[PDB]
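Structure first, then comments.
The residue numbers of chain A are those assigned by the PDB entry, with the residues present covering 8-534 sequentially. Just the heavy atoms: all of them, side chains too, but no hydrogens, waters or symmetry mates, feed the values below. Every number for a ligand or one of its atoms is a count from 1 in the order of the listing.
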Amino acid sequence: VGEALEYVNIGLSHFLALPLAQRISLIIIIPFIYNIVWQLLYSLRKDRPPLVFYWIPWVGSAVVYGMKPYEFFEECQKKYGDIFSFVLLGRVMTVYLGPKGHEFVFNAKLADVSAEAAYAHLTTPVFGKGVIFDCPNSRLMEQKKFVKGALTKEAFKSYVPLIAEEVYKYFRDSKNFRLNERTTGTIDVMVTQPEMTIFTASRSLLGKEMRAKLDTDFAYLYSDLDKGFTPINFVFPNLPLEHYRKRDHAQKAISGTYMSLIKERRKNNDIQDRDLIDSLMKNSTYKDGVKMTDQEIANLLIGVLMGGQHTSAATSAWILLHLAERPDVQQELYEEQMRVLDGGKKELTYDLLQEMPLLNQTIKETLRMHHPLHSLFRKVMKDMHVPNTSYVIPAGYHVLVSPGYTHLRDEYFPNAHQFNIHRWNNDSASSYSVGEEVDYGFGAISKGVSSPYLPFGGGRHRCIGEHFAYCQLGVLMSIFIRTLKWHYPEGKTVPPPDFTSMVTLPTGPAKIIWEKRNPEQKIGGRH
Ligand SMILES: CC[C@@H](C)n1ncn(-c2ccc(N3CCN(c4ccc(OC[C@H]5CO[C@](Cn6cncn6)(c6ccc(Cl)cc6Cl)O5)cc4)CC3)cc2)c1=O
Ligand code: HEM
């Protein structure tokens, strides 16, 4: 033994004096071997869900998960069942598939999991400090209440003509259309829909001043701010690169613009009930009496606009793309437009939108097939026992829930990969509570989150934008349908989703050909 302890020390010294051909070599093989040995040992544990095997330490299953998450989930599900873990760029993600996974993650106790700890590192640099995920959950809850206060039926009634005006202006003025000059053309929907989305959301939520800014070089700041909203920021949120500083600059410049308007509205006592800015100026005091600062108000405006931007733009792109190979659905939607709007003699209102079930069912079905967020995350803050299992998810893990995956399962939606708006006949609401409700601070929502359809998530982190999204999408698609027919270039069809971007937008270029339904129809107004 004595001799052995000596030769241990000796072996150590001979180890340190290896040629750096082998030292560099051992710098690679040692962690590689430890990783594989650690996994085999991990597999022996019965209080842990199975862990997907991976070859490269730290990286884990990043590539296959990033490129095709639903295919990844399906294969893991076949081998391991509904609960399994995988390593992702240094983190361990525990996936719980299906309605029980929805319950496990969306209805997890506040003490058990943290959304802000999963999300803040990306969003905070983009939006700014003090809001959304850069604050305690209790603060988020009331910010959602504040924002929801501008998103009432009365507001939607006033937004609908504004959104309509923006859509028509876009048809009139955008080079992508120019309907007074051209009767047919080709567009990339991932060019048109982001523009139509920011134009309509700006006009209605932010108001005319902020909409007008988008016709200036100021619009480039939004483009710059947009480039900070990228999944890689979950890993590298701050690097001394240029686009990171353009991001920081844009946030300052845009929030500064919002603050300028806010302070100006207050100076002139010009605070009314037009938009989300008026609403937050009038209603942004927390229940402990602390008021949101003008900066936090501006930051919250940025987050709300950015949130609504990507989910909605991707969704209307998908709607156009699915309908492009379905002239039968376009035809059916057009008949409904003619029926509800008296052949076009009626002006579209929010109330008439609610009487367009097939149009709303079209949005609903598109959100089924294209959940914009394929994976929602929480960081596990306290050890969690998985009910009816021996599994414990330890603090420091992340949990991953994927309702968009269940959207595409035949067991819950027959012929799930078929686009069929009629699967929602007599069920055209954006969603609803099938039972008991609870209020986390921003209104009563469904207590259960077991619905296999969950485009807007559930529990305390549930979306509050769904009715604004349907309003915006509804107005936009109503006008599209009444104005245009469209189809694919020969041999083109619905593109696959890009699962590596922030939302599951279509892989580009995603082009459709439009044609005026009334070649001679003119859009009035000056330009
Ligand atoms: C590196 C190699 C490469 C192959 N790779 N390897 C892995 N990946 C990858 C993995 C995962 C993902 N992502 C996609 C994005 N995703 C995600 C994005 C946003 C998100 O948002 C949830 C929260 C925060 O943002 C919002 C989004 N939102 C909700 N409604 C509207 N937007 C949010 C909520 C509230 C407010 Cl005010 C703003 C915002 Cl933005 O909710 C959650 C997940 C995580 C997985 C992407 C790429 C790769 O690309
Ligand atoms: C089709 C459109 C949209 C879809 C499918 C969608 C989806 C979602 C989902 C799944 C969540 C929960 C995320 C999680 O649990 O981690 C969420 C949260 C949220 N979304 Fe949306 N969203 C949409 C549009 C919007 C719009 C238009 C707005 C604002 C007007 C908005 C603002 C918010 C807010 C404030 C939250 C709460 C975040 C939290 O509490 O952590 N969303 N959304």
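Located at ligand 1, the drug is listed as itraconazole. Here the macromolecule with the greatest number of atom pairs within 4.5 Å of itraconazole is listed in the PDB entry as Lanosterol 14-alpha demethylase. For itraconazole, the heavy-atom contacts closer than 4.0 Å come from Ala69, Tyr72, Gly73, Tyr126, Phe134, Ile139, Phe140, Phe236, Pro238, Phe241, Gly310, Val311, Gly314, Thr318, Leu380, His381, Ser382, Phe384, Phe506, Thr507, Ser508, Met509.
Put simply, atom 25 (O) of itraconazole has no protein non-hydrogen atoms near it, under 4.0 Å away.
Checking atom 14 (C) of itraconazole against the protein gives a heavy-atom contact under 4.0 Å. Itraconazole has an N or O atom lying under 3.5 Å from an N or O atom of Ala69, backbone or side chain. The deposited model shows no covalent link between itraconazole and any chain. Close approach of itraconazole to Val311 is summarised as follows: ligand atoms under 4.0 Å from at least one heavy atom of the residue are 37 (Cl).
For atom 42 (C) of itraconazole, the protein comes within 4.0 Å by at least one heavy atom. Listed by number with element, the atoms of itraconazole under 4.0 Å from a non-hydrogen atom of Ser508 are 14 (C), 15 (C).
For atom 38 (C) of itraconazole, the closest heavy atom belonging to the protein is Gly310 O, 3.2 Å.
Looking from atom 29 (C) of itraconazole to the surrounding protein, the closest heavy atom is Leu380 CD1, 4.1 Å. In this structure, the other ligands and ions lying under 4.0 Å from itraconazole are ligand 2 (protoporphyrin IX containing FE). Applying the 4.0 Å criterion to heavy atoms of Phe236 picks out, from itraconazole, the atoms 40 (Cl). Listed by number with element, the atoms of itraconazole under 4.0 Å from a non-hydrogen atom of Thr318 are 31 (C), 32 (N). Residue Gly314 has at least one nitrogen or oxygen atom sitting less than 3.5 Å from a nitrogen or oxygen atom of itraconazole, judged on distance alone.
Protein heavy atoms all stay at least 4.0 Å away from atom 34 (C) of itraconazole.
The distance from itraconazole to the heavy atoms of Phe140 drops below 4.0 Å at these ligand atoms: 24 (C). Each of the following atoms of itraconazole lies closer than 4.0 Å to a heavy atom of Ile139: 37 (Cl).
Among protein heavy atoms, atom 16 (N) of itraconazole sits closest to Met509 O, 4.0 Å. Taking atom 22 (C) of itraconazole as the reference point, the nearest protein heavy-atom neighbour is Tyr126 CZ, 3.6 Å. For atom 3 (C) of itraconazole, the nearest protein heavy atom lies 4.0 Å or farther away.
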Could you pull out the N/O contacts under 3.5 angstrom between itraconazole and the surrounding protein atoms?
unit_1: itraconazole; atom_1: 6 (N); unit_2: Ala69; atom_2: O; d: 2.9
unit_1: itraconazole; atom_1: 32 (N); unit_2: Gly314; atom_2: O; d: 3.2

